[PDB]
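Entry below: contains acetazolamide.
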Amino acid sequence: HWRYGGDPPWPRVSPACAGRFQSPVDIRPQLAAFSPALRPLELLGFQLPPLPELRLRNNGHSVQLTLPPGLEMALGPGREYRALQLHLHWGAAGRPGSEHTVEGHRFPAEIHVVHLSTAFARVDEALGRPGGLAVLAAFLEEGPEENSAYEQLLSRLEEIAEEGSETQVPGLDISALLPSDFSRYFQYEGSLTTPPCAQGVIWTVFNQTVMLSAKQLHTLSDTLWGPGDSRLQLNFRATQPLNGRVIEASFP
Amino acid sequence: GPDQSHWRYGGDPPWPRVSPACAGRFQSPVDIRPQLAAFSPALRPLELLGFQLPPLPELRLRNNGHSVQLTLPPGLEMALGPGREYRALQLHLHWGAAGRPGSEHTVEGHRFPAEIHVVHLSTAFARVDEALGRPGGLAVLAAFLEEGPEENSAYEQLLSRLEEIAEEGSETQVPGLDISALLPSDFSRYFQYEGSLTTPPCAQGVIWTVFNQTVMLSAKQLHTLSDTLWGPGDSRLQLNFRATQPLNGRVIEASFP
Ligand SMILES: *[C@@H]1O[C@H](CO)[C@@H](O[C@@H]2O[C@H](CO)[C@@H](O[C@@H]3O[C@H](CO[C@H]4O[C@H](CO)[C@@H](O)[C@H](O)[C@@H]4O)[C@@H](O)[C@H](O[C@H]4O[C@H](CO)[C@@H](O)[C@H](O)[C@@H]4O)[C@@H]3O)[C@H](O)[C@H]2NC(C)=O)[C@H](O)[C@H]1NC(C)=O
Ligand SMILES: *[C@@H]1O[C@H](CO)[C@@H](O[C@@H]2O[C@H](CO)[C@@H](O[C@@H]3O[C@H](CO[C@H]4O[C@H](CO)[C@@H](O)[C@H](O)[C@@H]4O)[C@@H](O)[C@H](O[C@H]4O[C@H](CO)[C@@H](O)[C@H](O)[C@@H]4O)[C@@H]3O)[C@H](O)[C@H]2NC(C)=O)[C@H](O)[C@H]1NC(C)=O
Ligand SMILES: CC(=O)Nc1nnc(S(N)(=O)=O)s1
Ligand SMILES: CC(=O)Nc1nnc(S(N)(=O)=O)s1
Ligand SMILES: [Zn+2]
Ligand SMILES: [Zn+2]
């Protein structure tokens, strides 16, 4: 089974991991193309009630929250998706762990909300297909104030410390885990950041970040156990070259 | 319902009965207002390779009653951008009648004499039926045909064969030709937006790329195109285009400032 920082080589696990257009990438704001056609993102049905509960799992490469049907998202007019799950990427003590970087800067952590195009019934049908999968990514930065939205997830990590364990958590407002402005973001086409690394994924990276306390960031990157009786840390992929791709910005 | 595959221009069955998608909110064609198009510097020049076909093998040219369609062979590769590849499947035309333009798309309300469409299939899909309705599954390149003083050599290869397939359902084999010669000169100037097929099933998720520059045909050639073929029933195959559809919020992008 694949892992971070070691065999098996990802290209052996999946040929697509050696594709020419992979993710994540380094975003250089000055080189991003202002595209007036990029409208504000629309997310409805993300304010979930206390029940039913949601599955939170330590799968060895991240902590993943399974999302229910009904979380509708649109990248634009007639381009709709539904959220499937969200997970995080982080570093370690004294080391940032976001996947994407901005002007070479790596942030403490990054959250990914994976969506499936309504044109596909299942994920296996969308893999590798243009726009079949769309991921919303936001950077998590260190701040003086503790984040209430993230407290709902971070306080449950200890319950699933051991690799492969899972637990049910109360419903929460998923949209509260995201930045304040849905009209400011970068967008480009790439791939999944972990095997099978299928291409054709539409990546949308919020320009605004969300803040977590130093303590919360410590809890996120030093609680779960990964493969090989070792703390699950630095679970992010190195940035990949744009190789000609042009990143678009929804703002001038 | 019975005979679900049947449809025509200018009359029953209502397209929504043929295919529900024909009543979708985001259809094609649309009216293009250059002033309101969003300049998107990420739109690079179109790439078309393998379009210069040799004399043999021959290609099938058919009057399907809705248009004259040329079946393209494997090998015509096209890219809308890096890593966004397609292969051409076929090309067809939309035209008007005596003293009446018939293009599908319009620019600032202006309708051109005719329009050519080169339909492509994303390399991520093995078959068309899997691409239908999927985002970017199908991509169509569209160019306007205008009236000019000179006879167009490229189009002569198609127009001179229409008499052999005047009746709906007729077909003939024609010599290989340079498909790219049927297109405009600048592949870097175009408009692009997402819509649907302009005929049933009217599946959405189609990426439309409309060249900013046009190609010219003589008045005689345009007359040959609109006055030689016969359509469904006993009517002349003319005015085979769909009315303009509202953008409904969609923003057309332009590859040039
Ligand atoms: C959200 O989106 C915003 C908006 O695009 C991003 O903010 C911009 O980020 C870029 C990149 O980080 C900033 O660009 C930098 O600008 C500096 C200018 O500062 C002074 O220096 C020049 C003189 O050189 C004066 O003209 C100017 O008035 C200022 O006084 C440059 O110094 C930087 O370049 C230097 O460093 C880089 C390497 O780091 C080298 O490649 C260069 O050669 C050079 O040495 C750089 O160009 C830009 O200022 C920001 N704009 C705004 C409005 O804030 C956010 O980063 C983005 N955030 C997220 C999370 O996505
Ligand atoms: C390929 O791409 C090019 C580049 O965009 C297109 O060319 C442009 O086409 C648009 C639309 O046809 C043209 O826009 C029109 O400009 C006129 C300006 O001309 C004079 O008038 C104004 C007075 O207001 C003066 O300031 C100016 O200096 C000029 O002297 C406007 O008059 C037009 O607006 C009016 O008419 C239309 C009806 O046609 C109404 O809908 C409007 O409400 C308004 O009343 C209009 O804005 C533009 O000039 C063209 N640019 C260039 C460089 O040629 C091609 O059409 C396109 N071709 C294809 C096949 O895609
Ligand atoms: C089907 C599915 O969700 N798999 C993913 N694998 N990697 C992903 S990531 N890090 O690119 O968001 S999503
Ligand atoms: C399968 C196929 O190619 N069907 C088409 N139907 N309409 C088309 S058009 N006029 O929008 O190019 S292509
Ligand atoms: Zn991820
Ligand atoms: Zn057509």
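Sequence lines set the chain letters: A, B, ... in the order given, protein chains first and strands last, and positions in each chain run from 1. So how was this one determined? The header says X-ray crystallography, 2.2 Å. All values below were derived from every heavy atom in this structure, side-chain atoms included, with hydrogens, water molecules and symmetry-related copies excluded. Start at 1 and go down the list; that is how both ligands and their atoms are numbered.
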* Where do all copies of acetazolamide show up in the model? -> ligands 3 and 4
So I'm looking at this entry - what's holding onto acetazolamide (ligand 3) the most? Name it the way it appears in the PDB entry, please. Carbonic anhydrase 9
| query | Heavy-atom contacts under 4.0 Å: which other chains make them with acetazolamide (ligand 3)? | reply | A
Which residues count as the binding site of acetazolamide (ligand 3) under a heavy-atom cut-off of 4.0 Å? A/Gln85, A/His87, A/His89, A/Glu99, A/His112, A/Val114, A/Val123, A/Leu192, A/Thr193, A/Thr194, A/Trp203
Atom 2 (C) of acetazolamide (ligand 3): which protein heavy atom is closest, and how many Å away? A/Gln85 NE2, 4.0 Å
Query raised in the report: Which UniProt-listed substrate-binding residues of chain A does acetazolamide (ligand 3) come within less than 4.0 Å of, going by heavy atoms?
Result: A/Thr193, A/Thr194
Looking at A/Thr193, which atoms of acetazolamide (ligand 3) are within less than 4.0 Å of one of its heavy atoms? 9 (S), 10 (N), 11 (O)
Practice task
Would you mind running through acetazolamide (ligand 3) and noting each atom that sits below 4.0 Å from a heavy atom of A/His89?
Solution key: 10 (N)
- request: Give the residue, atom name and distance (to 0.1 Å) of the protein heavy atom nearest atom 8 (C) of acetazolamide (ligand 3).
  value: A/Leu192 CD2, 3.8 Å
Q) Any idea which atoms of acetazolamide (ligand 3) are less than 4.0 Å away from a heavy-atom of A/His87? A) 9 (S), 10 (N), 12 (O)
_Shortest protein contact, atom 6 (N) of acetazolamide (ligand 3) (heavy atom only)_ = A/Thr194 OG1, 3.1 Å
- prompt: Which UniProt Zn(2+)-binding residues in chain A are reached by acetazolamide (ligand 3), meaning they have a heavy atom under 4.0 Å away?
  reply: A/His87, A/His89, A/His112
Considering only non-hydrogen protein atoms, determine which one is nearest to atom 1 (C) of acetazolamide (ligand 3) and report residue, atom name and distance to 0.1 Å. A/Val123 CG1, 3.7 Å
Which UniProt active-site residue in chain A ranks closest to acetazolamide (ligand 3) by heavy-atom distance, and what is that distance to the nearest 1 Å? A/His61, 7 Å
Checklist entry - Which species does the PDB give for chain A? => result Homo sapiens
Say whether A/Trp203, considering both its backbone and side-chain N or O atoms, lies within less than 3.5 Å of an N or O atom on acetazolamide (ligand 3). no
Atoms of acetazolamide (ligand 3), numbered as shown, that sit under 4.0 Å from any heavy atom of A/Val114:
3 (O), 12 (O), 13 (S)
Exercise. Across chain A, in which UniProt domain are most residues that contact acetazolamide (ligand 3) found?
Worked result: Alpha-carbonic anhydrase
Taking a cut-off of 4.0 Å, which other ligands or ions approach acetazolamide (ligand 3)?
ligand 5 (zinc ion)
For acetazolamide (ligand 3), run through the N/O pairs with the protein that fall under 3.5 Å and put one pair on each line.
| unit_1 | atom_1 | unit_2 | atom_2 | d |
| --- | --- | --- | --- | --- |
| acetazolamide (ligand 3) | 3 (O) | A/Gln85 | NE2 | 3.0 |
| acetazolamide (ligand 3) | 6 (N) | A/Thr194 | OG1 | 3.1 |
| acetazolamide (ligand 3) | 7 (N) | A/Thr194 | OG1 | 2.9 |
| acetazolamide (ligand 3) | 10 (N) | A/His87 | NE2 | 3.2 |
| acetazolamide (ligand 3) | 10 (N) | A/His89 | NE2 | 3.4 |
| acetazolamide (ligand 3) | 10 (N) | A/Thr193 | OG1 | 2.7 |
| acetazolamide (ligand 3) | 11 (O) | A/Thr193 | N | 2.8 |
| acetazolamide (ligand 3) | 11 (O) | A/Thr193 | OG1 | 3.3 |
| acetazolamide (ligand 3) | 12 (O) | A/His87 | NE2 | 3.2 |

